[PDB]
Amino acid sequence: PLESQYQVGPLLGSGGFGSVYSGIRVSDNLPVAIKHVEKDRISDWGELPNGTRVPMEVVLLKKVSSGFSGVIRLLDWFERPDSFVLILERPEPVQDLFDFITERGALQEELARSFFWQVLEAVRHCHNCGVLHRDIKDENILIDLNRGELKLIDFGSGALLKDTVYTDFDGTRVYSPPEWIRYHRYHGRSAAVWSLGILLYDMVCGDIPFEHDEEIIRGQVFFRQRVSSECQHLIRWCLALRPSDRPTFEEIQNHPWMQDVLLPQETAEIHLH
Ligand SMILES: O=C1c2c(O)ccc(O)c2C(=O)c2c(NCCNCCO)ccc(NCCNCCO)c21
Ligand SMILES: O=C1c2c(O)ccc(O)c2C(=O)c2c(NCCNCCO)ccc(NCCNCCO)c21
């Protein structure tokens, strides 16, 4: 039922997470992405309502895929003998935020404020649906080039949101909070806020702030680019060393720098058309 309902196009990516292909649904020609994950490499399983044994990513994608948001939706999934196959939305034309920043260098503040805000909305929606992504970064963000809408993509290192400590981490190191580096333990919200601080610095600086553990643990932030007294403050607050000194989502979104965000459409008009 799988290779009959969907027509595979070119490979889009591959790596730790598996392989992703461009796809068309025959039913009607909606762009889709086809994500192959091999059973052997799944470290983390869950179970759906009806109680089947699936990869966590599927559990998580299902909890966030209801209604609209800034998260790319799971349209359907299939099991095979050595792999799971996931059918997801595909914006058209699309480019990931990594390449986007790579191409234009640092982003104008107005453009960063728009993008960052949309990320905030997406992460809120996930936190809301009891999901924690745990790997927010430029390359897990797709941009729908036409509508100026951002979308989150890879739940592979995700986990259900819970209020107790986490002692496993699979996201990228350079993006991991100092409490992880030092103690091999973190809480979800505050660690998300840290990575959001990394994401924001990246957007405005062209680059990430820290590379090596000692730089992460030190937590000192240098700007290689002109950035407003105020973005610098928000970035620094997100990257506070002590988790409890970081802002909540709400405080981020009420930050002076987050005022008068653009809508995605006008963002595209001004910065993508
Ligand atoms: O295109 C997707 C994609 C999609 O279109 C719809 C849903 C999805 O879940 C994906 C997707 O997961 C994807 C890639 N996997 C995530 C890489 N994460 C690295 C872990 O740190 C890795 C690469 C990838 N290709 C994006 C296109 N990149 C070139 C233009 O920037 C994708
Ligand atoms: O994404 C990584 C990265 C990763 O995903 C996994 C392992 C890694 O070691 C990196 C990484 O080193 C990296 C960058 N280099 C760090 C040096 N910058 C601060 C000076 O210490 C500098 C930038 C960077 N991200 C690219 C940001 N997007 C714009 C493209 O230039 C990375």
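In what follows, residues are counted from 1 in the order of the sequence shown. Going by what the header records, the deposited coordinates were determined by X-ray crystallography, 2.7 Å. First listed ligand is number 1; within each ligand, the first listed atom is number 1.
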| said: Mind telling me the name of the drug at ligand 1? | reply: mitoxantrone
| Which partner chain accounts for the most atom contacts with mitoxantrone (ligand 1), named as in the PDB entry? | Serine/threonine-protein kinase pim-1
| field | UniProt domain (most residues in contact with mitoxantrone (ligand 1)) of chain A | value | Protein kinase
| Using a heavy-atom cut-off of 4.0 Å, which residues UniProt lists as binding ATP in chain A are that close to mitoxantrone (ligand 1)? | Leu12, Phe17, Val20, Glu89, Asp96
| said: Any idea which UniProt active-site residue of chain A is nearest mitoxantrone (ligand 1)? I'd like the heavy-atom distance to 1 Å as well. | reply: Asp135, 3 Å
| Which residues of the other chains approach mitoxantrone (ligand 1) to under 4.0 Å (heavy-atom distance)? | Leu12, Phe17, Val20, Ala33, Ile72, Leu88, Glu89, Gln95, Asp96, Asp99, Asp135, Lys137, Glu139, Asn140, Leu142, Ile153, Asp154
